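So, a structure with gemcitabine diphosphate in it.
Note on naming: letters A, B, ... go to the chains in the order of the sequence lines (proteins, then strands), and numbering restarts at 1 for each one. Determined via X-ray crystallography, 2.3 Å. Atoms within a ligand are numbered from 1 in the order they appear, just like the ligands themselves. In what follows, every heavy atom counts, from backbone to side chain, and hydrogens, waters and symmetry copies are set aside.
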Protein chains: 2
Amino acid sequence: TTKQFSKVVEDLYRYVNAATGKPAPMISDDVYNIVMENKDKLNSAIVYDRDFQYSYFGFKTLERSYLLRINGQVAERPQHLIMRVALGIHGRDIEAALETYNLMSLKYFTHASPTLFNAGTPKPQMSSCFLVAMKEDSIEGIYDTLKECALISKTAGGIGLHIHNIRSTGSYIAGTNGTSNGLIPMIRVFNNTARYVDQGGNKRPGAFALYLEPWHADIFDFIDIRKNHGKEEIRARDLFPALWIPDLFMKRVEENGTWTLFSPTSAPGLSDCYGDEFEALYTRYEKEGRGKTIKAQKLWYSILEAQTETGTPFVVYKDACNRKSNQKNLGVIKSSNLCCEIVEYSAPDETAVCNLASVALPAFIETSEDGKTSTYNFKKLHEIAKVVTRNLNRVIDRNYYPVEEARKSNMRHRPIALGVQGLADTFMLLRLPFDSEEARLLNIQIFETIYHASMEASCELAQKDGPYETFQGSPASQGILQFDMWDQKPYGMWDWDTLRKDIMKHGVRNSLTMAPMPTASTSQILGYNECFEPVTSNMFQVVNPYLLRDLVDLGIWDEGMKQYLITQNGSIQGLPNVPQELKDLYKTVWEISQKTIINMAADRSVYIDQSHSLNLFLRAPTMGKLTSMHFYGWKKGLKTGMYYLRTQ
Amino acid sequence: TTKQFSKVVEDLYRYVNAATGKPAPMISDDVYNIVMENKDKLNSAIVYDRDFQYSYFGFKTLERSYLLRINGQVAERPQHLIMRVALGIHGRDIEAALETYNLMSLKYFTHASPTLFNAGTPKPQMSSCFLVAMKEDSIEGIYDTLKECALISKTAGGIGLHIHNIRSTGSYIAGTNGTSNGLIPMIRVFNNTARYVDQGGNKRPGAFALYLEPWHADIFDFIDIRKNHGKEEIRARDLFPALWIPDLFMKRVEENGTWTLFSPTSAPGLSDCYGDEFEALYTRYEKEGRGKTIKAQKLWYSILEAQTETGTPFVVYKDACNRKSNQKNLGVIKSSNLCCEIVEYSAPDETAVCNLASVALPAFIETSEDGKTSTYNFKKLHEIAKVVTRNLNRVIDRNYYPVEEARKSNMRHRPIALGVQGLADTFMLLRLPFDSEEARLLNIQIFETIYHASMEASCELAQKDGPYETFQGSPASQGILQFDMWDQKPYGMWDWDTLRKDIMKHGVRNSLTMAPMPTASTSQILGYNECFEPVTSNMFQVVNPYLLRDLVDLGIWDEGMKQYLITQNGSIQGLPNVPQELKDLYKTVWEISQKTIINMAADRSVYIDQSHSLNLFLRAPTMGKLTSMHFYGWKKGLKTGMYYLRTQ
Ligand SMILES: Nc1ncnc2c1ncn2[C@@H]1O[C@H](COP(=O)(O)OP(=O)(O)NP(=O)(O)O)[C@@H](O)[C@H]1O
Ligand SMILES: Nc1ncnc2c1ncn2[C@@H]1O[C@H](COP(=O)(O)OP(=O)(O)NP(=O)(O)O)[C@@H](O)[C@H]1O
Ligand SMILES: Nc1ccn([C@@H]2O[C@H](COP(=O)(O)OP(=O)(O)O)[C@@H](O)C2(F)F)c(=O)n1
Ligand SMILES: Nc1ccn([C@@H]2O[C@H](COP(=O)(O)OP(=O)(O)O)[C@@H](O)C2(F)F)c(=O)n1
Ligand SMILES: [Mg+2]
Ligand SMILES: [Mg+2]
């Protein structure tokens with residue numbers, strides 16, 4: 001189709017829905033005027049040959065859901081989409097747009113799907129998720145919340161909703177002899193609304209995540225919300241249950257002690273405090289017989305059966321999240337998000353927003369020596385991270401907010417979330433086993449630099465535009481950075497004294513900056529493995545590109561391989577003519593020590609403002625196994641103990 | 001249990017929910033202070049022996065759901081409940097309360113269930129239904145409406161909701177390539193909320209009625225909402241579909257012509273006009289090819305199949321309702337209510353309210369001559385109707401409104417709805433066949449007096465408190481009363497010249513006053529047949545009290561009867577030793593000419609401000625039969641062509 005960018009913008013901007021005779025522009029007024037006023041500079045900036053930097057499936061993903069279409073026909077070329085995003089982000093700052101265009105077109109990084117969809121369009125909703133607070137334990141608060149969720153659902157983005165404050169089943173209701181129906185019937189109302197506000201196009205069906213602390217009396221039905229064999233009307237098939245767990249629960253379980261189930265109305269404040277204060281308030285309520293005591297392990301057993309069967313509920317630690325958040329001065333954080341990476345404050349008048357982008361880790365690998373060997377360019381990584389940090393900052397300002405609570409939240413705290421992809425690819429290119437000592441060090445270094453860089457750029461922005469509204473009084477304002485809250489010394493590749501000094505001096509423009517996300521779709525566009533996890537399989541059919549090369553360079557790649565791989569689930573262990581060095585490098589996530597996965601996750605966590613979507617893979621899932629993985633992650637101090645639990 | 005009224009009030013007022021330690025009073029502060037300040041006068045006013053004026057099933061209905069309970073134990077005696085209602089209605093006007101107490105305790109009349117439940121209690125929601133308008137064709141308007149319906153559902157009362165303004169399936173949506181899901185998926189959202197806001201106690205499960213004009217493009221799925229064999233997720237099992245039909249549809253059907261289906265967005269204003277203006281606007285839209293043309297009879301056939309199978313959709317005529325409403329100066333009436341008797345104006349900021357009460361028609365029968373024979377006391381009926389009119393007026397002022405839209409509506413137009421019960425009983429006591437010439441005259445007279453009386457008392461109230469806010473400009477302000485709008489002369493038993501003169505002079509306190517309702521439960525308490533319909537059957541087992549007496553006075557009542565009745569569906573026709581005079585008097589509604597039912601309904605309609613719940617009973621339901629019944633009622637000028645369609 002058409003090549004000239006300014007021309008594609010014209011078509012997209014002048015578009016009319018023929019069947020209705022309604023003008024339906026796919027580009028904002030402001031971005032259109034910016035393209036027209038710089039058509040020469042923008043048109044001759046694009047390198048159309050870079051469109052060949054996408055694999056078959058990569059390109060297909062873009063064509064299928066990303067490239068803007070005109071009457072069902074793809075109107076945009078990948079380069080067109082990238083310049084649109086660049087402009088949608090930087091506006092009149094053309095020099096900034098050109099930089100983002102080249103870096104993105106060269107695959108150094110990319111933005112989240114909502115941004116690739118909507119940046120530069122009339123309703124530019126560029127954020128990935130929203131953390132919504134249940135407004136009030138009332139029919140009015142519940143329906144105001146339902147309305148808010150529906151409006152948010154109109155456009156792109158997932159929702160995280162905490163419901164700790166809702167009255168449990170059988171609870172008393174003043175003004176009637178009836179009693180509360182509890183969480184399930186209310187959850188089912190939300191399930192139904194998620195299915196109705198369907199036509200976002202950009203939107204993914206349900207995509208709702210529910211957060212609940214384990215002491216809520218309706219806890220047992222809540223965790224079984226995704227079973228496909230329940231009592232039928234007690235399930236919520238399109239929503240995801242997530243546990244907001246206090247350390248107290250884990251200790252009682254580990255002690256094989258007791259656990260008490262409370263209706264929030266008969267035991268107020270439990271979600272409005274954490275740590276020691278929560279334990280004192282909980283223990284006290286427990287002694288006064290305000291709830292129903294049970295054996296901690298009884299609840300625990302149901303949790304593992306539910307995860308083993310459905311993969312849910314996710315596990316995120318309430319105390320670790322609150323104790324180690326730079327937003328702790330805002331109040332108590334009552335939830336995470338749909339993908340368990342965002343840890344931001346929310347309230348009835350404030351819905352936290354996810355502003356995402358991921359850095360392409362493999363793009364920093366280079367020979368730079370003599371060849372054969374290859375090194376990692378941390379200096380370049382640092383440089384790009386600062387670029388992305390500025391981008392996500394602009395996004396906060398140019399974003400279209402579906403609801404006022406989301407605007408209020410984002411403008412006040414300006415949280416940001418940089419992530420990664422291609423970690424596995426990186427280790428593979430550098431020929432480093434995922435569970436090796438070298439890979440462990442690289443993991444630490446990469447995250448240390450991205451964190452230093454994001455905070456450095458954020459500090460520069462604070463010098464230019466002032467700190468975010470709630471910066472004063474935050475841990476960062478007192479020189480307490482993320483790793484300090486883990487009581488560790490940074491690795492040291494970068495200078496933290498100077499950065500910390502500058503931060504205390506000038507502050508930072510963003511309250512948070514890190515939150516490695518799943519990148520399920522955006523990683524598919526760049527052709528790398530998802531985020532920070534090992535490859536799930538070494539296998540239209542496509543065998544691991546790196547495994548292929550090596551098997552060819554040994555000639556050993558015949559047909560007794562292509563057939564093996566497909567049969568043994570992309571696994572090459574226990575395979576005859578394959579060097580040990582290759583078996584060690586191309587291990588599958590099912591073949592890697594889940595304990596090593598959790599260590600590296602803990603290592604990089606000291607440099608993560610928020611959290612990260614840690615999926616756990618258990619091949620032979622026994623109860624005791626799954627139990628030690630949870631407690632191992634918990635004692636490791638992780639925030640997100642587990643996102644999805646995948647089995648096989 | 002306890003006898004002293006003031007004492008029962010004390011217990012009900014001091015009540016504490018033991019399991020919670022929460023004070024939970026069942027009597028308002030104001031009504032409590034009024035009882036305490038007049039305990040002597042109130043206690044010695046009650047005639048406890050009147051509690052024996054209730055049949056077994058009558059009393060049981062009261063005990064089961066009406067008499068206030070304390071910890072699951074009945075605390076109120078029927079007399080206690082009546083004085084509570086009297087006080088709840090009249091407040092400090094003790095003389096008024098005493099009158100209502102005696103008349104109610106003597107069974108001259110009663111108030112609707114919501115009033116018997118809640119009058120005199122802390123949240124006195126005494127109204128029976130609300131007519132709600134879909135706020136806007138937007139996700140926001142839909143969810144604001146959903147919220148409003150949920151809040152209303154918290155307490156007693158049914159809901160009528162018109163959705164003519166919602167975008168049809170496939171309709172275009174600006175800002176996305178997705179298209180509208182249409183009515184069904186939205187209806188299902190409402191169905192789900194009706195099931196969730198369950199714990200009103202006083203409340204009846206779903207109880208939602210939906211109103212839609214037959215030109216809406218989603219009309220075909222809408223009318224099949226109650227089929228128990230549909231595509232499963234296209235049904236709304238707990239909601240009732242009601243058609244808001246324009247004369248144009250009936251004419252096209254009768255002409256075997258065409259009918260066009262429009263999405264309101266591609267054909268605006270259709271529900272915002274009626275009569276000639278609607279036909280001109282409709283015809284015009286039709287010619288401009290804005291919708292999908294079909295054969296009128298195709299839709300018609302589906303309507304009858306749906307009614308024949310489910311008993312729905314109800315049929316209420318849009319043009320007859322609007323053309324003959326005293327509220328026509330407010331704007332276009334877009335719906336009726338759950339029971340098809342209320343015809344009141346509604347809008348986004350105004351939810352019409354049903355304030356109901358029914359007069360016990362048999363209570364005015366008396367020998368007053370010499371015996372054997374008996375006459376009807378219209379003077380007494382008139383007197384009581386004025387009493388009830390004043391009561392429903394007080395209710396409007398002392399009522400608790402669930403939502404602001406309902407308060408705004410009721411305070412502005414002050415609509416009232418008097419009804420009846422025991423019509424069948426009346427004819428039976430007076431030994432008048434339902435389909436006789438005598439019964440026809442009595443029907444006309446009774447309704448003429450209740451209408452004259454309600455308007456007379458309403459006029460007195462206007463002289464005391466001023467006309468309702470929107471009285472000026474109404475048909476009544478121009479001397480146009482209900483029968484004038486049917487272009488008929490009143491029967492004449494009462495003097496209309498003087499009343500009409502006074503009305504034009506001083507106005508009336510209420511915009512509307514008549515709306516004979518089903519009285520399904522309240523009629524069970526007084527022991528009479530429902531509202532204005534013939535007995536459905538002459539048969540714990542209980543044979544018609546009047547049929548019993550007669551069969552005994554002939555001795556012919558043995559056992560070959562009790563056995564017959566139960567077998568022949570309480571029918572005595574084609575029965576050997578029974579005088580023709582008895583067969584004619586005790587005909588069943590299935591044995592009475594549906595055409596005679598519709599005539600008497602048309603006769604009394606000239607004296608009905610709003611409409612009346614006209615159920616239609618067809619024994620051998622063929623299409624052509626059901627068709628002529630609809631067109632016969634339509635040409636008769638009825639507003640409510642049909643409520644439920646019962647078959648057998
Ligand atoms: N009619 C109802 N049907 C279903 N759930 C209800 C109902 N009324 C209240 N609830 C539940 O009770 C809570 C809402 O009570 P809400 O309407 O705010 O209070 P209220 O009527 O003023 N009574 P209370 O909260 O005891 O003072 C929520 O957790 C609801 O799910
Ligand atoms: N995401 C959605 N999912 C399901 N139905 C939708 C969605 N968006 C809109 N609708 C339907 O479209 C109407 C609401 O559109 P609304 O949200 O008010 O308009 P909008 O987004 O501003 N688009 P438009 O009305 O064309 O200008 C209602 O009839 C909805 O049921
Ligand atoms: N097309 C998409 C893709 C993702 N998302 C949202 O981003 C979150 C996770 O994004 P991800 O998997 O890390 O990243 P991408 O699709 O942007 O690659 C989900 O919670 C989401 F709600 F699913 C979304 O709203 N729309
Ligand atoms: N216990 C009750 C009884 C009735 N109603 C409402 O009044 C309407 C009809 O009342 P009805 O049958 O004529 O009268 P009663 O129960 O008051 O005798 C329904 O639409 C209703 F929604 F069903 C109600 O809300 N609660
Ligand atoms: Mg409340
Ligand atoms: Mg709109």
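For gemcitabine diphosphate, every matching ligand or chain, copies included, can be listed as ligands 3 and 4.
Ranked by contacts, the chain bound most extensively to gemcitabine diphosphate (ligand 3) is, in the PDB entry, Ribonucleoside-diphosphate reductase large chain 1.
Counting only heavy atoms under 4.0 Å, the other chains near gemcitabine diphosphate (ligand 3) are A. Comparing A/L526, A/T110, A/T519 by heavy-atom distance to atom 14 (O) of gemcitabine diphosphate (ligand 3), the nearest is A/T519. Using UniProt's active-site annotation for chain A, the residue nearest to gemcitabine diphosphate (ligand 3) and its heavy-atom distance to 1 Å are A/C339, 3 Å.
Proximity by heavy atom, under 4.0 Å to gemcitabine diphosphate (ligand 3), holds for these of the UniProt GDP-binding residues in chain A: A/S113, A/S128, A/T519, A/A520, A/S521, A/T522. Under 4.0 Å from gemcitabine diphosphate (ligand 3), heavy atoms of A/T522 appear from its side chain as well as its backbone. Counting only non-hydrogen atoms, the option in A/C531, A/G201, A/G158 that gets closest to atom 22 (F) of gemcitabine diphosphate (ligand 3) is A/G158. Contact annotation for A/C129 and gemcitabine diphosphate (ligand 3): only side-chain heavy atoms (C-beta onward) come within less than 4.0 Å of the ligand. For a threshold of 3.5 Å applied to N or O pairs, the pair formed by A/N337 and gemcitabine diphosphate (ligand 3) contains no separation below that value. Within the 4.0 Å heavy-atom shell around gemcitabine diphosphate (ligand 3) one finds A/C339. The binding site of gemcitabine diphosphate (ligand 3) (heavy atoms under 4.0 Å) is made of A/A112, A/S113, A/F117, A/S128, A/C129, A/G157, A/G158, A/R204, A/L338, A/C339, A/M517, A/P518, A/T519, A/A520, A/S521, A/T522.
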